[PDB]
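Down below is the structure, laid out as structure tokens.
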4 protein chains.
Amino acid sequence: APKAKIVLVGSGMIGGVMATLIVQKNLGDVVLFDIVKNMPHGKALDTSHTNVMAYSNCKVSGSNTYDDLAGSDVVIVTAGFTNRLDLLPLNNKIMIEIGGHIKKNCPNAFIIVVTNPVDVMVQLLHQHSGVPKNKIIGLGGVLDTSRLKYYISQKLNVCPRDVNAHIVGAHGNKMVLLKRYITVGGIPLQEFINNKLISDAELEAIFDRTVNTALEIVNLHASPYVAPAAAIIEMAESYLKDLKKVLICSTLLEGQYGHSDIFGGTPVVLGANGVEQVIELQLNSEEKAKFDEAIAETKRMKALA
Amino acid sequence: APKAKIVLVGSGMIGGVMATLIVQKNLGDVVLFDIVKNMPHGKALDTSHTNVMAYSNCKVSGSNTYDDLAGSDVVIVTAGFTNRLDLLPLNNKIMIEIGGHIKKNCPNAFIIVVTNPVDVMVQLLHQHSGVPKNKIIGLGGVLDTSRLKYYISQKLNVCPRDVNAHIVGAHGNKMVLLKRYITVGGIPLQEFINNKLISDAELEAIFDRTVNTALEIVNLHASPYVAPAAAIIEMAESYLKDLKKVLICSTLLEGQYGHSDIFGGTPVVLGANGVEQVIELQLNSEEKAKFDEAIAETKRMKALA
Amino acid sequence: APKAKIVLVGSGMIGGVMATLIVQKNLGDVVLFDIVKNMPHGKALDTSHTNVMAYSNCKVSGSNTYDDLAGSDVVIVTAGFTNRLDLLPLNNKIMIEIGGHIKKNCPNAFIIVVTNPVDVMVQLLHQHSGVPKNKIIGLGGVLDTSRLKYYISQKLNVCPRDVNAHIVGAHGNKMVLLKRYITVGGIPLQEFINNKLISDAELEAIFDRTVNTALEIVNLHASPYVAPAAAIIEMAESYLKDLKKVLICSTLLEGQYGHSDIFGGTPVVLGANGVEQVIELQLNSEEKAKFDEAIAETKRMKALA
Amino acid sequence: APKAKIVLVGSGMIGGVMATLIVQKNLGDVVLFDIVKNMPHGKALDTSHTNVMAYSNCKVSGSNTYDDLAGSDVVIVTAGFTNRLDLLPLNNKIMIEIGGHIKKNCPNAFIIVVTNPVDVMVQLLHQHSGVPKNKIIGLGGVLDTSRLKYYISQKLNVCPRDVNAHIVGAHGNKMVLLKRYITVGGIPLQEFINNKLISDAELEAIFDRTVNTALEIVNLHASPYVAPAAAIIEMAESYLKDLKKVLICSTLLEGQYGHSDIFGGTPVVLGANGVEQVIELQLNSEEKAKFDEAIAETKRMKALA
Ligand SMILES: CCN(CC)CCC[C@@H](C)Nc1ccnc2cc(Cl)ccc12
Ligand SMILES: CCN(CC)CCC[C@@H](C)Nc1ccnc2cc(Cl)ccc12
Ligand SMILES: CCN(CC)CCC[C@@H](C)Nc1ccnc2cc(Cl)ccc12
Ligand SMILES: CCN(CC)CCC[C@@H](C)Nc1ccnc2cc(Cl)ccc12
């Protein structure tokens, strides 16, 4: 069947929601892969029954063998151990193992990396898998901006999706939030600030909140996995359905912002041909300085893998 | 049942698509009303069967009696005769007749006016129906900008919805297209122009195309009714589901842009409380001059009704 | 792009709704083809703008040249002149012309025939196009049963889709309604009759209503095209998304019900491989007698083409 | 806002998926309530961001105070300790506490009970909350039959939703699977058995699999919560949107099947008025004997609470 085959390399919390959302949207057949014995089979069985409730027809199966990567159209990697820097070499080993199988079983698959630090892990897998630069991206901006877009929408009382924002450079503490590129209903946010509808102080607090959301969720005795999963599926769906959505993801930089041979967060266009366009925001020197900071941290960690 | 009741006052071409789209989205019960005998019943019967194909449960009935306006949550007016100025007094008579029944049968319904010239006809109905200012709007910007957003998206090869634009003042020849407020993926269009991805000349042609689309469709031996219907439903749905989307519609101006006691196109926020916010774009003197032109034409025609 | 290409051979009323529904569901690129100059271009332009309102990315274009059949994944034929028997030879000529181009431009496309009498016209196109038997079907049962399912659901006050029914043999006056195969929520209808929830007399009236619905809609000064379009799209979507839905359509009979070398309405399974299964209902002699009647009328008209 | 308010009393695994699915479907505002400090707030924050990805506008908040039950339109109870019979009195205490607050804060809310044993726990809450019989149901048949419908659909290679089946009496080991009431595309399953498309032996194995699915998932080192959540949402959605779907749920029996003053699984119709119809299947003596067995076990456990 010409039905897309989506292999989720890692059957943890994010993997579970991704599987659920795929069936809900009837995106394609799903394989929940992991090295943990049977668990992926158990989650796959549970999820497979939702086909009835959702009027879908997507096979959902578990797997403990890399062989099931064969025929994969899309591969989503969430696998990985969770100082923080001590995991770098370890997770690189996981990227190496996965990359070798991708190269052997599905060299033409579209890859989405989630493993943290994503900006580092994505380039590592790109290198070990050998896939073209336009066929591999990392999760970052879609998730990070969903927080900023959401918090602003609540203050302004408008549909969350009506707020657009851009966070670039890298996923994580060094993420670059661009106040200048925020709009509401397509209108520059500054107009709403001029109107006293939202203050600069309110925005600064929202910015800090955005950068520290994962930490905030963790401190509330939970962990972020639902939004990450939803952000990942928006990306995968844009590719599978050739939507050509403009989404901020970690992609290989070839001179943009003055950086090369490194992956960084920036808006790109995802369609049937993968990363069809890499958009370079015309940042000013101040924003560029922050982007530089993001890249520096990515390079720092890359060197330790 | 707490199911919304949507009464379509006018069962023509736009009315038919609206009915179809309502069932597709299971938005609520539909009444296709018109003075033409039986036709609304015939279209209603045809459309009612689609409930099976769409897994919906919306009653779709025809009507030839104004009494069916009772219990209406949303009323959509497309009725109206189609120089052009000679129809003004005639269509005003239709607005008067409809307004009297709305006032009597559903004073708390949310009204959307389509009848042209919409900016004139909407204020007339507002006056004859007596509903609050936040409960009546006219179709305009959503439809007009859908053209501009779509044409630009094709030139740039991105998802149509990713292009945001603003057309204000009035629906029609005097519509004000604001080049300065166009974005792609939330990014100012000017950046794409600086990049040679789209030229100023290309945009000028797209602008003219946008203003003359209805005429273009008519010259191709067709008439626009599908997009208008879809634009209307996006508006009605934002209200019914309390989405709080920022949509450009004709609303009563109370000083915005320097105009009062007149309806004009401008972004507003539609939610459970109707027009929850009227957004005033901070236009420069040049854009304001064009808006003035739009209002002037509306006043001109209003005076002839 | 791996986006499906759907060519609508005939840009009339049914064609328009199909185009609209395809964009709503983001099913694939659409081509509105017809011999009428420009009209398809005009309808295509109007419909194309709805991509913004629906968050879709489907190209919608018009066409006046058969060449655009190239690359077609799905072809839907509604073209055709509308005694009634005098049109048979004329419409056969249309089927011949279309069939020659399908054979030349898209021999592997999946074909859905709507032209009436569908059961006759579908076999004619099958013959002239040369496509495999599993790649061509005619619209019939999905539309006819949607009426029966809907009317029964209203009497019983249950979701329309919860009522399942089977109408076979042929589309049209000789359609075979099988009372014995009607269920509500999967429960045999007879149980509801035993319960006095619906009477046999009520059902008989609903049956007559079902058979005469087109005529009823026509007498109300309208024409059925919305449900037909929706029924057609349910079929096309099952194929495109490999849903494997059980849908009653006109398919080539190879001995089922005692008939061969003729097309007739019967439940089939539509998936990525087209007609993946032809299901033969185990009818009793009485039901079989009626089916025979349906086939006889189809053969009668086939002989006059 | 006239937006429905859904309070999830219990913020565990099933609660999380329910919250996620509600936003995906934009069903209404969600409150994740639990006695565990902050966790519901953490899950609520994570889930709230998905509003952007799903184009929804549903508030998702956590809560540690029963007061938030005020204004609730729908209340879903999953809270509860997890011999097995020793938990009965304990879980009854939870039902009592919740029931008192429902009675005080939202007496007109529609209640769905999940806590096991559901058939027992649902009647207990019905008693402690005092809500009308038509406003409270327990999860059972929708989940159980989704397994049976799914397994059969895979053997027959048809859309999962096209297989309809009925499991009644009680949720759990004593569930009554009715082979006689299974259909495929509305066609009696027996016809497919006569055709050798599926054997009686295959079905017997599927039956055992259906009854032991939770156990099977648990043995694979997982736990069922995704399907349960999806089944619950289908029920809640039928009520909220007045779909009037026929769904098998635990409801108060008033003489049906010969049982009274007890809750049992049976098809019902859920609409704006809650349980609008309780459907009694015309079971034979053999099926009735099994149903009796189910009720007996429910009564046994009820007596120990
Ligand atoms: C002792 C166990 N070892 C080595 C035999 C297993 C392999 C270890 C490294 C390479 N890979 C992994 C380690 C841990 N988890 C993983 C999850 C997925 Cl999905 C894929 C690979 C993983
Ligand atoms: C001769 C016929 N006349 C007067 C009796 C009918 C009423 C005329 C004016 C007021 N109204 C109308 C005229 C024409 N079309 C309409 C469509 C709708 Cl939906 C509602 C009112 C309409
Ligand atoms: C005089 C005009 N003639 C002959 C040149 C045109 C061709 C006539 C027959 C074969 N075909 C047709 C006749 C009428 N309508 C049609 C609509 C479609 Cl979409 C496709 C073919 C059509
Ligand atoms: C020692 C802690 N006790 C008593 C103070 C808390 C209350 C205990 C019983 C009645 N209720 C409960 C016990 C355990 N979990 C629950 C989860 C939810 Cl959502 C609601 C009520 C719960």
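A note on names: the letters A, B, ... follow the listed sequences, proteins ahead of strands, and every chain is numbered from 1. Just the heavy atoms: all of them, side chains too, but no hydrogens, waters or symmetry mates, feed the values below. In each ligand, atom 1 is the first atom listed, and ligand 1 is the first ligand listed.
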*What does the PDB entry call the chain with the greatest number of heavy-atom pairs under 4.5 Å to ligand 3?*
protein (L-lactate dehydrogenase)
_I keep forgetting: which drug shows up at ligand 3?_
chloroquine
*What are the letters of the other chains with a heavy atom below 4.0 Å from chloroquine (ligand 3)?*
C
*In chloroquine (ligand 3), which numbered atoms sit nearer than 4.0 Å to a non-hydrogen atom of C:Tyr66?*
20 (C), 21 (C)
*Which residue owns the protein heavy atom closest to atom 15 (N) of chloroquine (ligand 3), what's the atom, and how far is it?*
C:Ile35 CD1, 3.6 Å
_Interfacing atoms of chloroquine (ligand 3) (cut-off 4.0 Å, heavy-atom, C:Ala79)_ = 17 (C), 18 (C), 19 (Cl)
*Determine if the distance from atom 17 (C) of chloroquine (ligand 3) to the closest protein heavy atom is below 4.0 Å.*
yes
*What residue and heavy atom of the protein are closest to atom 12 (C) of chloroquine (ligand 3), and at what distance?*
C:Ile94 CG1, 3.6 Å
*List every atom of chloroquine (ligand 3) that sits less than 4.0 Å from any heavy atom of C:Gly10, numbering the atoms from 1 in the order shown and giving each element.*
19 (Cl)
*Give the single entry among C:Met95, C:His101, C:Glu97 that approaches atom 21 (C) of chloroquine (ligand 3) most closely by any heavy atom.*
C:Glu97
*asked:* Hey, quick one: which of the residues UniProt lists as binding substrate in chain C get a heavy atom under 4.0 Å from chloroquine (ligand 3)?
replied: none
_Under 4.0 Å from atom 3 (N) of chloroquine (ligand 3), can you find at least one protein heavy atom?_
no
*Provide the residues lining chloroquine (ligand 3) within 4.0 Å, heavy atoms only.*
C:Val9, C:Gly10, C:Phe33, C:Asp34, C:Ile35, C:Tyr66, C:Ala79, C:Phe81, C:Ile94, C:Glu97
